Asker: 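One structure is given below, represented as structure tokens, and several questions about it will come after.
In what follows, every chain begins at residue 1, and chains take the letters A, B, ... in the order their sequences are listed. Displayed portion only: the contact tally does not extend beyond what is shown. How was it done? The header gives electron microscopy, 2.2 Å. In what follows, every heavy atom counts, from backbone to side chain, and hydrogens, waters and symmetry copies are set aside. Numbering of ligands and ligand atoms starts at 1, following listing order.
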Amino acid sequence: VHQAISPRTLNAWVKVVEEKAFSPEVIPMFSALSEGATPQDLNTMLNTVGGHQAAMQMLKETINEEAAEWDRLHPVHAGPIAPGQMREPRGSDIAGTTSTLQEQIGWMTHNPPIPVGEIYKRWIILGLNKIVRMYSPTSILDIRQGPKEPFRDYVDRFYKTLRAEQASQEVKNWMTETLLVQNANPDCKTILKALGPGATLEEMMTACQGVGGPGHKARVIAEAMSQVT
Amino acid sequence: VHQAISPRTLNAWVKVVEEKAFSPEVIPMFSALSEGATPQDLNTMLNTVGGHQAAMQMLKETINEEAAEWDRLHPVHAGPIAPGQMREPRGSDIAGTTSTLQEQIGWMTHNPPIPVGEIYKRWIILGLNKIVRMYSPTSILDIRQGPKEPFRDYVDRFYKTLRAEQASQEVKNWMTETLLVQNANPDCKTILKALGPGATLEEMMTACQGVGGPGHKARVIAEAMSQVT
Amino acid sequence: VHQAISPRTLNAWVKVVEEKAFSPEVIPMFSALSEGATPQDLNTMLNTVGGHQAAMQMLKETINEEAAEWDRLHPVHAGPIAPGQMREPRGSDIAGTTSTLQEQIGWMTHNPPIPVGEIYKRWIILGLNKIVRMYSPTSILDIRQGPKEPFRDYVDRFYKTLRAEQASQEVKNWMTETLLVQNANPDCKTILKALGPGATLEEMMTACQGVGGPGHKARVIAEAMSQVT
Amino acid sequence: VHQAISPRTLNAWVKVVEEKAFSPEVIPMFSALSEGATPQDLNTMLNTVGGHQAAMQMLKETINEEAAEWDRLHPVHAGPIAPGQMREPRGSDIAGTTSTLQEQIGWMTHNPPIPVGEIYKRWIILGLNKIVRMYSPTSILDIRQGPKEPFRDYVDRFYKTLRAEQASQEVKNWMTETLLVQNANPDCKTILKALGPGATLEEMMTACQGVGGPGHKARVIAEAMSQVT
Amino acid sequence: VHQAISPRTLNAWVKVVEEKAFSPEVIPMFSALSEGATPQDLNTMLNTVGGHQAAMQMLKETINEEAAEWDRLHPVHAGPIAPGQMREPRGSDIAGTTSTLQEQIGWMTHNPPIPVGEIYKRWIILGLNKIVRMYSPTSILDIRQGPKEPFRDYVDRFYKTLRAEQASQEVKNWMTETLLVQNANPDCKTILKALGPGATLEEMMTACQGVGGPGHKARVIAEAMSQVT
Ligand SMILES: CC(C)(C#Cc1ccc(-c2ccc(Cl)c3c(NS(C)(=O)=O)nn(CC(F)(F)F)c23)c([C@H](Cc2cc(F)cc(F)c2)NC(=O)Cn2nc(C(F)(F)F)c3c2C(F)(F)[C@@H]2C[C@H]32)n1)S(C)(=O)=O
Ligand SMILES: CC(C)(C#Cc1ccc(-c2ccc(Cl)c3c(NS(C)(=O)=O)nn(CC(F)(F)F)c23)c([C@H](Cc2cc(F)cc(F)c2)NC(=O)Cn2nc(C(F)(F)F)c3c2C(F)(F)[C@@H]2C[C@H]32)n1)S(C)(=O)=O
Ligand SMILES: CC(C)(C#Cc1ccc(-c2ccc(Cl)c3c(NS(C)(=O)=O)nn(CC(F)(F)F)c23)c([C@H](Cc2cc(F)cc(F)c2)NC(=O)Cn2nc(C(F)(F)F)c3c2C(F)(F)[C@@H]2C[C@H]32)n1)S(C)(=O)=O
Ligand SMILES: CC(C)(C#Cc1ccc(-c2ccc(Cl)c3c(NS(C)(=O)=O)nn(CC(F)(F)F)c23)c([C@H](Cc2cc(F)cc(F)c2)NC(=O)Cn2nc(C(F)(F)F)c3c2C(F)(F)[C@@H]2C[C@H]32)n1)S(C)(=O)=O
Ligand SMILES: CC(C)(C#Cc1ccc(-c2ccc(Cl)c3c(NS(C)(=O)=O)nn(CC(F)(F)F)c23)c([C@H](Cc2cc(F)cc(F)c2)NC(=O)Cn2nc(C(F)(F)F)c3c2C(F)(F)[C@@H]2C[C@H]32)n1)S(C)(=O)=O
Ligand SMILES: O=P(O)(O)O[C@H]1[C@H](OP(=O)(O)O)[C@@H](OP(=O)(O)O)[C@H](OP(=O)(O)O)[C@@H](OP(=O)(O)O)[C@H]1OP(=O)(O)O
Ligand SMILES: O=P(O)(O)O[C@H]1[C@H](OP(=O)(O)O)[C@@H](OP(=O)(O)O)[C@H](OP(=O)(O)O)[C@@H](OP(=O)(O)O)[C@H]1OP(=O)(O)O
């Protein structure tokens, strides 16, 4: 079509997703970048969202709901071939799963036009609005050790979140060497600080392996009593 | 139709839901606002309920049960076209899922009349009665930290509830400023007050990160023994 | 039918359920009140049981098994119209789900008679016997705080049970004023008594919010040591 | 008629208004949710705005201004219209006040099309932009007692604003419990604090009834003079 | 005709208005008592409301708005009606201002029926809801003297409110003897108490005629300064 997305349009959409994630600003930008686009172009835009797999699953659920709504309003015709005309779209055709680009173009350019692109755009906008309201991406900054969480479990959660984090490898290494010790609970922080700089992750995990164990509990209790007595 | 809901009727229903939520007063108001309305108007009223999604799901379940009951009382005919007459309504037709507005008007104005609007209204009333009896909306005022609940889990619950709360953003900010520290458990509240005013949420979470850990338990036990000795 | 339930019969059944709940005395009364009644009348009696939803679900399950047994023993005929006679009942027809009142009267008054009312009555009697043996209604008197249960969870259980309780509103308020503090665990009961009369529920929950937390445990341990030393 | 508002679209619009009020975010959401909608659908969306009646009146004034502009640009055509042709829309027809849904659909689905829905959407967007720039909703947090304002007048303003506030009834009770005394002027606030907790609204009003009168002025002047010497 | 309001129905509505004023209970009650009634019966019910003329004016405004909306939905035809046919009702006809009882009956008893009574009752319900939400009746208990308000002006406000108050003459006299001095401002209250019991309204007004004047203010400053000396 005339309004097929240009290379700069697609790149702008990619950069919007990468920089803003799913802040409200994503909704206008998508609306502005995808106007006149076929459902195939919209699917191309959706497929370039790296990460946020849970958010994209949420979006797909919303699209399926809206497709079911469309199918409820549009009943399947009683098998009239109508060789002059073409088949009426279904919800899956609007979402582009069961329709080709030629069919979408034909629906968009027919008289009267069926703007399958704009209908799909509204479905996607509903999904994006739901994501913006509900979804919260994981953040490495939010990973803190629980007061009773073993240090190894905390480290596992930290590294899982770090793997999912959007950052360069150097930045992730820097995050490892600051946040991991920073966001440990006080009991493990004391041990890790006493361990000193240059301690490896294995040394750190060995040093905190007994926190919450009977011996460590006895030790800290006895130290507290000695201080207050 | 003559009794189609007016703009003021729809706005009054919206304001009723926003002001009273699902107090018993909702039941008369709905009854008064929806009399003579087609099932399409009733669905329009139901779609304007913002929030209370669990209550609306309960209402939908009740509507489905009543539609099944109607289907049990009304057997589908043995395919008599009856071109002079029209097809008999099903339960989904009364709820408006499988019927159009024209069909609803045709049933409502036929002689003898099938008041699909009134039947659907009674089903909705049953759902509303169930909601009024059972459903309790979440309240930010009810979020209190458990005696052994970690402060971060409490903060997550608080912010989830605040997100679901019906309030302006300034009011939500004021709620964060007061209720969060107010409704923490005594162990965390002692630390939070020791921090003083002006502490951020991150400083507050770091300060309470050790509550329940071995070191904090030893410290408070030692302080108690020193006081009693 | 000649033995259709009278207004006084239905009201007597309602009063029997309200006063006796599902004590064994319910089984004779039902038997006495429902003799000669159609399945329609029996369903009317079953629908007037307010509350005891779990017991009624048990009764429905028993009725379904008995209907399945009837269907096992009665095979569907090989489609003989038999215009002189009527269709043979199925289990669902005896339970009244798939049968109209006219069909039930026709079966009951046919020669030889098929006493669908009496068969359905025996199914209901089996269900009632099962309820009498197994089902135990929830009681506000039985709601007591566990030794380690947080006060807020106990209060939530108490208020849920109170909502399900069969009592006047004034009686429920009196129960709240007596049983809630009466049935708290000793640790919370001490604090609640120290509050004194006139404390609100919010002040009660605040006062017990720390029971089970480290500070409260340190306090009580130190107090016990001081008393024994 | 393919782009009619779905139940989820209308609910999303309602939630947008309830959550964001008239922050700038409302403008993209509206434009995203109303694409291809008829003027009737747009009016339905506008009627679901609960509260903000003054803002809605500003929007209606903007719409009337734009309709007047349209009428100035499009002069009426004297003489009967052609039987095949339809009447040209006026501003009121675009706004949906004097046009039925069928007429709007006919205008939109025509060769060449008159996009009455999109023109009306632009008018509504102008109104929303004016609201976002100028309208400021009343907030209970901004009700402060003036230095010379009688306490009763301040209480009246507080309760009017609280009635207008978008909040649950429990939240409104909490706001009364906190802000009313918190936001009184110092002269009334010292007396209100001297009253002590648990004071009723009538006791608070009678306690502050004399602030500003000759006796209170004489008393405070004498006390200040005694403090000085 | 069949559902015309009985004498007991009218009396029950009168008692409802007198006992509850415009509490929310007025809405279901009016809904129940007015079912099937003609616009003439509804107008009689509305005319039997004694007092609350501001609320009744609000109701009339709402009715006029709803009549205008109905007129917008129902364009005036050329009216070449057959002798058997009858003129289509307008908003004023539904409200009963321009329609006789016979015309309302004819619209209500017609094929297809035009339920003018029920449409009118919905308009009245919208007005009643507006009243319940917004209107607040004047209460003699709320009349308090302002801190700088002249005593004579307070007396005039009190007597105006007392004249408007719904109460027996003996209760009004008791109100005058109880609340007038009670709800005066502290300076006037001090003088009135010094005046002792048995003083008439003229002595009470003369005793407080100088409060806030130069002599009284100078006197109170002198007494306060002497007290703190
Ligand atoms: C060839 C081409 C032109 C095309 C096309 C093309 C065609 C159709 C669809 C599609 C559209 C709508 C539905 Cl409603 C379904 C469906 N409904 S269903 C039966 O329930 O699953 N299935 N499809 C797959 C279908 F149709 F092919 F079968 C779809 C896609 C979607 C676009 C899309 C991505 C998205 F994230 C969320 C959406 F809502 C829609 N892309 C996928 O679906 C693959 N995907 N899915 C998910 C997830 F599940 F996490 F959301 C994820 C992907 C991912 F991209 F890898 C990314 C990590 C996230 N693209 S091109 C140049 O773009 O390559
Ligand atoms: C075009 C128009 C005239 C129309 C129509 C229209 C037509 C039908 C229905 C509908 C009615 C009855 C059933 Cl019994 C089902 C059904 N039964 S089923 C197979 O089990 O799901 N499905 N539907 C969807 C159907 F029919 F379209 F398929 C329905 C709706 C409902 C109205 C409704 C809302 C509601 F809250 C609870 C109800 F009981 C009924 N609205 C929805 O359902 C969408 N919804 N649902 C839910 C939830 F699930 F949480 F309750 C929520 C929504 C929501 F509004 F977003 C809101 C957050 C809550 N509206 S208009 C101007 O209004 O846009
Ligand atoms: C019109 C009329 C003459 C009639 C009839 C009428 C007709 C049939 C049935 C019925 C009978 C037997 C089965 Cl075996 C099923 C079935 N089997 S199934 C597919 O598995 O669910 N469904 N039905 C619904 C059917 F038939 F309509 F489809 C039935 C009922 C039952 C009577 C009944 C009540 C009961 F408590 C326990 C029973 F075993 C049977 N009433 C309901 O069922 C509705 N109910 N259910 C339950 C629960 F689930 F908790 F037990 C509850 C209700 C409740 F009453 F609200 C109450 C809170 C409890 N009444 S009248 C004057 O009485 O109104
Ligand atoms: C039946 C249906 C399909 C329809 C329709 C329908 C049809 C037309 C109109 C309408 C549109 C444009 C103009 Cl320009 C005027 C007009 N211009 S005029 C002569 O100067 O007053 N009048 N109308 C009434 C008309 F047409 F009947 F005459 C309109 C509405 C508006 C939509 C609207 C709402 C709004 F808030 C602000 C707007 F700008 C437009 N809704 C109302 O107007 C009622 N309203 N008004 C106001 C206020 F004044 F405060 F802004 C308020 C309401 C309220 F919603 F109650 C809410 C508290 C606020 N809806 S449905 C399912 O939606 O019910
Ligand atoms: C024969 C008979 C059966 C009849 C009839 C009869 C016929 C019509 C109307 C009427 C109805 C609707 C509108 Cl919309 C207007 C209108 N619209 S308009 C152009 O703007 O003024 N005018 N009317 C007068 C009309 F029609 F004559 F023109 C009406 C009334 C109203 C009923 C009514 C009372 C009410 F309180 C509020 C309402 F909304 C409607 N009663 C009056 O109006 C007189 N009234 N009004 C007001 C007020 F203004 F405060 F609200 C007050 C009165 C009052 F009762 F004195 C009382 C102190 C309050 N009754 S009966 C019983 O008499 O024997
Ligand atoms: O408070 P309690 O309900 O009495 O539970 C405590 C305690 O839990 P707390 O954190 O709440 O104080 C211990 O937990 P830790 O502090 O050591 O993490 C736990 O000890 P363990 O988890 O190491 O087993 C101990 O269990 P126990 O006494 O059996 O060793 C258990 O006490 P009780 O089971 O006796 O209640
Ligand atoms: O008490 P306020 O309401 O705050 O105003 C007072 C004062 O009031 P009172 O006499 O009741 O104490 C005078 O008002 P009136 O005498 O007319 O009643 C006024 O005018 P005068 O100088 O003539 O006394 C005076 O002065 P000004 O308004 O110029 O400030 C002003 O004093 P303050 O504002 O400083 O309190």
Asker: From carbomycin A, digitoxin, ziftomenib, lenacapavir, can you tell which is the drug at ligand 2?
Answerer: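 The right pick is lenacapavir.
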Asker: What is lenacapavir (ligand 2) bound to in this structure, taking the chain with the most contacts and naming it as in UniProt?
Answerer: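 The largest contact count goes to Capsid protein p24.
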Asker: Counting non-hydrogen atoms only, which other chains lie under 4.0 Å from lenacapavir (ligand 2)?
Answerer: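 Heavy-atom contacts come from A, B, D.
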Asker: Pairs of nitrogen or oxygen atoms closer than 3.5 Å, one from B/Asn47 and one from lenacapavir (ligand 2): do any exist?
Answerer: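 Between B/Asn47 and lenacapavir (ligand 2) (N or O atoms, distance only) the closest approach is under 3.5 Å.
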Asker: Considering both backbone and side-chain atoms of B/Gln53, is one of its nitrogen or oxygen atoms within less than 3.5 Å of a nitrogen or oxygen in lenacapavir (ligand 2)?
Answerer: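 N/O-N/O distance under 3.5 Å: no.
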Asker: Enumerate the atoms of lenacapavir (ligand 2) whose separation from the nearest heavy atom of B/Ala95 is less than 4.0 angstrom.
Answerer: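 Taking each heavy atom of B/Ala95 in turn, lenacapavir (ligand 2) has 11 (C), 12 (C) under 4.0 Å.
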Asker: Run the contact test for B/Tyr120 against lenacapavir (ligand 2) with a 4.0 Å cut-off on heavy atoms, strictly below, and give the result.
Answerer: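 Under 4.0 Å: yes for B/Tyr120.
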Asker: Return the option from D/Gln40, B/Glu66, B/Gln40, B/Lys60 holding the heavy atom at the smallest distance from atom 17 (N) of lenacapavir (ligand 2).
Answerer: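 Result: the heavy atom closest to atom 17 (N) of lenacapavir (ligand 2) is in B/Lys60.
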Asker: Closer than 4.0 Å to some heavy atom of D/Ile5 - which atoms of lenacapavir (ligand 2) meet that?
Answerer: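 Selected atoms, number and element: 1 (C), 64 (O).
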Asker: Identify which of D/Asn11, A/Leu126, B/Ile94 has a heavy atom lying nearest to atom 58 (C) of lenacapavir (ligand 2).
Answerer: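 Going through D/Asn11, A/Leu126, B/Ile94 one by one, D/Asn11 has the nearest heavy atom to atom 58 (C) of lenacapavir (ligand 2).
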Asker: Tell me, please: is D/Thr44 in heavy-atom contact with lenacapavir (ligand 2), that is, under 4.0 Å?
Answerer: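 False for this residue.
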Asker: Measuring from atom 53 (C) of lenacapavir (ligand 2), which candidate in D/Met45, D/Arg8, B/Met56 has the nearest non-hydrogen atom?
Answerer: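 Considering heavy atoms of D/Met45, D/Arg8, B/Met56, the nearest to atom 53 (C) of lenacapavir (ligand 2) sits in D/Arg8.
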Asker: Against heavy atoms of B/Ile63, which atoms of lenacapavir (ligand 2) measure under 4.0 Å?
Answerer: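 Within the 4.0 Å cut-off of B/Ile63, lenacapavir (ligand 2) contributes 14 (Cl), 39 (F).
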Asker: What would you say the binding site of lenacapavir (ligand 2) is, if we count heavy atoms under 4.0 Å?
Answerer: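 Counting heavy atoms, the site comprises A/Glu69, A/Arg72, B/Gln40, B/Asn43, B/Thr44, B/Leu46, B/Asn47, B/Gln53, B/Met56, B/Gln57, B/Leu59, B/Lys60, B/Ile63, B/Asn64, B/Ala95, B/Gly96, B/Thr97, B/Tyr120, D/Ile5, D/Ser6, D/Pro7, D/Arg8, D/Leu10, D/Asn11.
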